[PDB]
Structures are given as structure tokens and as C-alpha cells.
Number of protein chains: 2
Amino acid sequence: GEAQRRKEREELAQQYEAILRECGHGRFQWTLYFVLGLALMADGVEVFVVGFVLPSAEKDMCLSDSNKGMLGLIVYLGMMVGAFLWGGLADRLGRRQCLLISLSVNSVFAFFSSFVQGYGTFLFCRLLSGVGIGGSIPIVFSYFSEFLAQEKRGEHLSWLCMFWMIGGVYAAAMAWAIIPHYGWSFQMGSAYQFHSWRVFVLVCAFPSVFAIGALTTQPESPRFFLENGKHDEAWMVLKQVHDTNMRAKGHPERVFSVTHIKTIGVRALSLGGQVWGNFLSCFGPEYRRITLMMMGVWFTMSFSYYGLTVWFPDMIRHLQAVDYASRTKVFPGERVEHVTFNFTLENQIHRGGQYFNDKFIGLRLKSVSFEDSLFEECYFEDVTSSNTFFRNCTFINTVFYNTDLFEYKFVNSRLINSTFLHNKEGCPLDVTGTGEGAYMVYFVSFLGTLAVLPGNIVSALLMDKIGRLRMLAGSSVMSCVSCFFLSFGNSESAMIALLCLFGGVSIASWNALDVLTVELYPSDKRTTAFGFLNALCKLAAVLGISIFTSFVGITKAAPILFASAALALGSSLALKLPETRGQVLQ
Amino acid sequence: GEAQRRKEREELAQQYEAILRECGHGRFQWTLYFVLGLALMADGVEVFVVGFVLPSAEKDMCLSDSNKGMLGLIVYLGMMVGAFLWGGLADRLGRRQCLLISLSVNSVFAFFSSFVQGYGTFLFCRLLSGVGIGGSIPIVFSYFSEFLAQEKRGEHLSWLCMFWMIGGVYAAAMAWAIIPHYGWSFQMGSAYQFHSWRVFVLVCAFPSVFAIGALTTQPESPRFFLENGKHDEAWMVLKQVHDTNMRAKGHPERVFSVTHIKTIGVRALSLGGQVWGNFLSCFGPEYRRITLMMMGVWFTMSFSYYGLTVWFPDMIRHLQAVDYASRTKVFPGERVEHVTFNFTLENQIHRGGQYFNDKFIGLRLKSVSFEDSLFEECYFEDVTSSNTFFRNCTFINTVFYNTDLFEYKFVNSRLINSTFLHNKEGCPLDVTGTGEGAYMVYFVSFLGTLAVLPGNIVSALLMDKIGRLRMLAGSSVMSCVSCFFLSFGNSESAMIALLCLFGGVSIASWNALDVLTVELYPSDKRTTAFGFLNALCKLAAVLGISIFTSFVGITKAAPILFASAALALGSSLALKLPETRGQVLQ
Ligand SMILES: CC[C@@H](C(N)=O)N1CCCC1=O
Ligand SMILES: CC[C@@H](C(N)=O)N1CCCC1=O
């Protein structure tokens, strides 16, 4: 019974590999490579949009705390749902069909998010865009694997991981070239406003549309047809692959020699039942040790990588904040009287001042604090305030005309006979401000990805030469050693170098994990299992981000120990996995 | 009302601390340190006796399954009752009074257990010995804390755990030096027998007697007298402390400068009511968050620690059992006839044999199984049987002379005209049996405690330097990381190293928890609350042991996940506790 099933699946796999050797590589494989690289580029772009627009988003939607912290977790949760959903649906509907549906959903909801003005609606649109793009990596890898021969199956799959990095580079470049133009205030409707970050979101929603356009021209994988008892169109697809390959070779004169490939409301409930059957069969007697080791490896690597990747920029920001706090100026004791006096003062503290009959017209305040001051018959006009506070201050007969000094900028103050007139529009809470730091953020991201590059090249070249397990274990161990090396970092330059090193060493491990998870599952459960594991990866990413953003400024022992321990456990479970190099893809 | 009570308690605490600073440290504090360390040594010794004597105990009391599994739970339940009882009674009768009572109870019932011959009576005696020793740690910590000044209150209390450490070493040494002499068969009465494990139990009951002898010479804590409205003898005790301290210094000429100190069946029933009230008042408006966080931390830490600590030796035993089974031999089909044939065969299976007129004189059988055999006019003499069975066997005209082949060793057998003569004395049920493994058990226990040592030293040195909460949380997190590291264990050596690591990392956390629970309760509820929490610790120990002994041989994921989750929850609730370093003991 079950033995017969396994046997027949075995000669099916062998015959399919023979047909693939007959067809060979050439134009078809590379064409599909680029076509799927567009979807991976979209996946890579999607994880940078909210991170890049949080400043402007909180400016134009008046976002408080616990709202900026949810806008990254929203995309990660969206991918967590979408990966599982589309991975489950791909084994019953098809790789190309589900990829088209998911990419279309992503594009539509990304456009809609680009045009949303509210916050809750923005959360919903971002979550659904993440759902749409969540099933990109599983379907792409499981769809490209079914067109590659046994020989160079690792190198030909590892070159497919350049596109995530290219998407990251694209996002960084567009953010640098679009967002810095804060002047843009395109108007459509009194109640609504359109700034430049919306344009950035639009441009970052573009490449998914190109992915759909390229994918509509590609044929469904023959293996999916063969599994589901559909023989004729599988043969047609294989013939198309052969014809394209040989026309590209220049001998477009031979004929495909294969005639045949040996073959062995209510609707919603049926689909649910079938998907649950596939998911449970993933937890079968045949697939249990492999499944659990894969779960462990995916979870640990995701936790460590995402935790450190979010930790490095936060630590850079913290070091800059410490420098700023160290440079401040203090002016203890002042007595200014009867003068019109503006200024553009930044990063200052005034204590013990006594101001009488002073006119403050047209001044910019950035990180300026007045403490223990007294203002008496003063006058504030055209005051622009950023990170400015009044603590232990007393105001007597003062007038605030055309100022943004809201109620939250007076901390434990006392106003007597004070008048507020023509208050500027603004947030009811400190929303902080990001200025010149954006350029350095973009530069840091670009450096991270460029550091990723050499590991990609080396892993792609040596994946077949040394092996999947050797690559995975080697890169995991090197990453753990780097995690130890994070102790020797206390400046921005050192943190950038550490980011570069860790990003450059972990990518080989991720490449090996992708190829491994491709090769250890049969063609009737590849997308389901690999999508489930990628959903677990996204959940671990959420957990790791939450855990690692809490150690910035406390100590550097907790991040190092957590990352090193998780990576060591991941390498330990990775060394127990079966070897799949030199094996027919079955 | 209540505010006045809190205030007056406050200046009482402040004046008491001033008096303690005036008295200082010296000979009195170290003398009391050793005196209470004897009681902690007794506590440490008590938890090894049944574990060390279960082999010999089941040999000489014929213990079945469900009886060896209850002889550990009996001591844990005894301590669970005793901790609560003596902690409750200590706040109404006194620390030294209740410690004397509990230690005497422990000693008496330990001697009686040493001389018991039955099982039920042995259960009762061990349970009451556990009850006697249950209130050791609460009263000892809460009694020593009331003689220490603010300055080094953490260091001087953390040195108090080297004692439970050594007790373990003492128990291991005595077990190694006493039990291996199985020859000892001291006889007193025909129906009763005295082996060497009884001598071991006697020697392990000794140190409680020394604890009582040393405790009878120490004075009651002044704080207990001051709380209960008794002023004169509190002043006398403080004067004694001062006099001893200054005589030790070498200046026995100064005078105690303190003259006045601020002061705040039916009998048994009243005391019980008072205890109940104190406990309910713990479910006080002032102490409800603290109480619940303490409950959670104690329960989780006890569950994890005890579960893993019982899991490690069980896993070692399981690995040894697997190795032994992997050594097995099968001899299918035999025909032996007309020969005198002994042997010393271990771990074998004979199937399909046919024996005719065979004499079996003086053979040792260990883990030997005869299946589908036929014995005809056979003769068994001086047969020693261990884990030996006869299944689906037929005996015809066979004689069993001077053999221990009892009725339970013939499984679904058929005897025809068989004769049993001069059967050896022995159990009516299988008892298995432990030989050389005892030395390795003792060595493993010794290694565990020696691994505990460095954590003790470091915690004692750094308790004041870093803080109680930092120490607790740090050690809890490291313990969780170790729980993750239990994945890398598959041999006896690896399991021993893992036991050493986990024991070495959890002890700082336990030290910090003890000191913390000492310092967050007022002197009129210290013993009640701390004893209630220690009773909860023992109940959690029972639950954790029962849960964790069921995962041995199934998988290593359930233990790791349970322990890590519980320790993470414990650390989470530990980080929310108030800081008590740099605070007057109130
Ligand atoms: C280029 C790396 C890429 C991969 N396929 O390994 N990565 C890294 C983490 C998430 C992801 O898709
Ligand atoms: C002597 C240490 C003692 C304590 N009170 O901290 N321990 C450690 C593990 C369980 C226990 O009671």
C-alpha cells in the first residue's frame, strides 16, 4: 500500500530528473530566474517601507508611542499569516496561480495604503499587503526548484537570493531620492494632505506590479501537474522548456523524444479539508525528525538574525543620543529685560533665568529646555518648538500669540493670567523629529546589503563543492563567533563594521538553509512545509525584534549571549540533518 | 491608626539598625553562623538518604513499583507540610524555640526510621522526619537575618548556603564509605534483620543532633522579643551580643551604651488562630502584589529546578539501559542432552530449545530469558536468578532443588510432575537490583554539589555589589539558556556535564531569592510568609518531579520547553519585585 505509493513516487522523481537532464539549462531557466527574482525583489522591498516612513508618518498622522512600535510588527505579522496561507494553497491550486493572486493582493493593498490618511486604516492596509507578499519566498523557491536538474541544484538556487539584497538596495536608493523632499505638499481635499513619503510608498509598491507582469508569461511547473494526475499539460510544459532551451542553444532542430511521463460553499470546505490534510501529512511518520529540526533551525536563525539586525541601528542611534546629551550647553542664571530678542538655539539648557517685558518674535527652538525660569509680561510670537520644555517655570501676564507651545511643553509650570491665541496646528504629543540622520540611516542600510554580497557569491560558488550542511554549520559557527566579537564595539564606526561583518557572515547560512529546505521535502508538500517554516521564521523575527530592542542602552551582554546561544543551538540541530547533495530531487 | 502602626514600626526598625551598627560583627555572628549552618547541613543531608538507600531498601523490605516512587515524594511532602507549620509557629513561639522543636522531631523520627523493618512504618517515619526538617531553612534564614547590620547583610546571608552544599558532600561520602559493605548482617530477632543501609541512615541522622546541641546555647533573636512587647530580655540579648563582640575584638572594657529600646490544647488553638490571621493578613492591601509575585517566582523556580534535577539521573539510567539492551544475544534453536552444564550468562535469550536429562548445578542468571523451551527430566540446583523468565515453556518431571525460581519467573508456563524443594528466601515479586552503579550515583551527586559551589561564592561576594534583583534575574536567564543547551546531551558524560552546569548556574538565583524573600516581609510576618512560600516550593517540587520523570525516553523537547518556559515566567515576575538593598530591615 504505502510502500507502493513511495515506490511509484520514486520512479516518478527519477523519470522527471531524467527528462530535466535531457532538457538541460539555457534560456528558459534564466528567464524564470529573472521572473521570480522580481517577486523576491518585491519581498525584499516590502520590509523597508514602514521603517523608512515612520518619521514622516508620525508627523502627518500624529502617531504616539505604541503606534510606531506596531507598524513594523504589522508587516511581519502580515507575512506570518500570508506565508502559511499561500504555502498551503499552492499545493492545491498551483505555484504560479497562488503567486499571481498573492502578488496582486500585495500590489492593490500597497497602493491603497499609499492613499490612506488614517492610522487604523493604514495598519489594516499594511497588514494585508504583508499578507499578500508573505507567500512570495515559499512559492518562488518551490517553483524554481521544479525546473532544475540534479547537478548544480545548489548553485542555481543560491543565485536566486541576490534579489532580496537588490530589493533592499532599491528601497534605500528610493528612500534617499524621494523622502528628503519635505516641501512637497500636494493637495486633494481640505481634510487630506499628500506628502513625499506617500510618493515613496507608491514607488515601493511598483516592483510587485512588474513581478505580476513578468509572471503572467511563465508556465506552471510540470511537477505540480504530474502530482495532481494531470498528464497532458505537464508534457506540454516540458516540451516548451525543451524547445526554448534548444532554440537558445542554436539547434533548434531536434525534437522532444518523450511521449509520456508514467503517472500513478462545498468548494471552500473541500479546499480547507485538503489543506489540513497536507498540513497534517507534513507531520507524518515519514516527516517528523526532519520537520522538527527544520523548525528549530529556522526559529533560532530568524530570532538571532532579526534581533541583531534591529539592534545595530538602535545602538547607533543610542550612541548619537549620548553624544548629543554630552554636548549640551548650560547657561545658569540670566536677567534679560526690555528687548526684542529672537534666536535659533539648539541643544541648550537655561536655568534660573528671570525675564521681564521680553518680546520673542520668530525663534526656532530645538532641544532647548528652560528650567526654574520666570517670565513676566512676556510675549511669544511665531515660536517653533521641537523637543522644547518648560520645567518649574512661572508665567505671569504673558501672551502666546501664534505659537506651537502646547499643553505638553509646560512641565510642572504655573501660568497666571496667560493668554493663548492662534495656536498652530500640531500633535497633542511629542512626536520628536528626524533631520539629517536619515542620510546616515540610508547609508547604513546600503552598507549592510553590500556586506551581504560577498557571502552570497561564496556560498553560491561553494554550495556543491563542500555541501549544504558544511556551509550551514560553518556560517552559523562564524556568526556565533562574530556575536562574541560584538563586545569590542562602542562607537558608530565600530557598530557599522560589526553590522557589515555579521550581515556578511550570516547570509551563507541563510542560503544553505533555503536550499536545504527546498531539497528535503517531496514535490507534493514542498510549498506547504516551506511556507509553514517561513511563517515560523517571521514569528521568530517578531519575537527577536521585541526582545532585542529592549537591550539597547542597558548592557551589551544580553544581546551577545542571546544571539550566540540561539545560533549555537541552531548549528547543533543543523548538524543532525540528512545530507541531500548527490540525491535526485524527490 | 494603621499609619501610626507603620510609623512606630519604622522608628523601631531604625533604632534596631542603629543598635546593630553599634554592636558590629565579630565572634557572636560567626558563632551563630556555624550554629545555624549545622541545621542547614541537616537539611542538605536529609534529601539524599532515601535516594541512596532505595536499592538496599527494596532488597530488604521487598518494595514493588509505586512504592519506590513514593519514598522520594514522601520526604518532599513532609518538608512541604513542615515548612508551613514551623514557619507559621515561629512568629508566635520564637525562631529558636520552633527550630529546636523541629530539629528534635527530625532527629527522633530519623532514628526510628533507621530501626523500622516495615514499609508503611518506614513511610510514616520518613514523612515525619521530612516534617521535622521542613522548617529548617525558613527559621534559619529569618533567625540569622535579625542579627546582621545593613552594611553586609547580603554577603553574610549568602555565606549561609555553603551549608546545604556540604551536607550533600557529607551524605555522598558516608554513602560511599558505608553502603558498599553488603556483608554486614547484624541480627537482633529472628523476624528482623539489620543491614548496612540502616547504619548509613543512622550516620545521616547524626548531624541534626549536633545542630540541636549547638542551638541550645544560642539566644533568641532580639527582634522577636521587641515585636511581642517583651523589652527586658531583648535588651539582655543585645547586651550579650555587644559583650561577646567586644571581648572578641580585644577591648572588654567598654559598656553597652543603649539604655532603653522602643517596643511595639486551648493555647495551641489560640496560636493556630494567630498564625491563620498572620497568613491572611499576608493577603493584605499592603502585601498583595509582592505576595503573588513571590508565589509565582517560587513555584516556577522550584518546578524547573526539581524537574530537571530528577530528570538528569533518570536519563543517565535510561541511556545505560539502552546500552545494556543493545548488548543482547539470541540463540534460536538448541538441543542439549545428557550433560552437567553450568554457566554465568548475562543478557541472553534462548528460543526453541529442547533440553533432555540436563543437570544445572550452580549457575548465575542475569537478564536471561528462556522462550518456547522444553525441559524433560531436568534438574536445577543452586540456581541464582536475576531478571530471568521462562515464557511459553514446558517442564516435565523436572526438579528444582535449592533454587530461587519462584512462581513469578514462569510466565505462561506448564509444569508437569514438577517438584520444588528448599526454595531460597526472597521476594514474591521482581526487585531488579543495583550493583556497581551505586559508586557512579554517589560520584554524580558529589559532582553536582561541587558544581553548585562557584555560584555560591560569586553570589555571596556580589550580592551587595550588584543587587538582589540583578543576581536573581541574571541567574534565571542563564538557567533558561542552559535549559536550551540540554539539547546537546546524548551520553552519560554529556548528561553529567549538563547536570554540573545547570546546578552551577541555578544556585545564585536560589540564593538571591532566599535573601529577597527575607527582606521584603516585616519582622512580624517574616517566618509565616517565607514558610508559606517554601511550602509552595515543595509542592511545586512534587509536581515537577512527577511531570519530568514521565518524559524520560520519549523526547527531549517537552522537558526543555517546560523548564525554559517556567524559568522565563519566573524571571519575568522577578524583575517586577521591589528593590530592598540599601533599605533598613523593617
Ligand atoms: C538574501 C537572504 C534571504 C534568503 N533567501 O536567505 N533572506 C534573509 C532573511 C530573510 C530572507 O528571505
Ligand atoms: C543551599 C541552597 C538552597 C537555597 N535555600 O537556596 N537551595 C538550592 C536549591 C534548592 C534549595 O533549597
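Below, chains carry the letters A, B, ... as their sequence lines are ordered, and counting in each starts from 1. Remember, it's 1-based here, ligands and their atoms both numbered in the order they're listed. All heavy atoms count here, side chains included; hydrogens, waters and symmetry mates do not.
- Going by contact count, the macromolecule most engaged with ligand 1 is what UniProt calls Synaptic vesicle glycoprotein 2A.
- The name given to the drug at ligand 1 is levetiracetam.
- By chain letter, those with a heavy atom nearer than 4.0 Å to levetiracetam (ligand 1) are A.
- Of the transmembrane segments UniProt lists for chain A, numbered from the N terminus, those with a heavy atom closer than 4.0 Å to levetiracetam (ligand 1) carry the numbers 4, 5, 7, 10.
- Source organism (PDB) for chain A: Homo sapiens.
- The binding-site residues for levetiracetam (ligand 1) (non-hydrogen atoms, 4.0 Å) are A:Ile137, A:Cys161, A:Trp164, A:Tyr306, A:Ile507, A:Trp510, A:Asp514.
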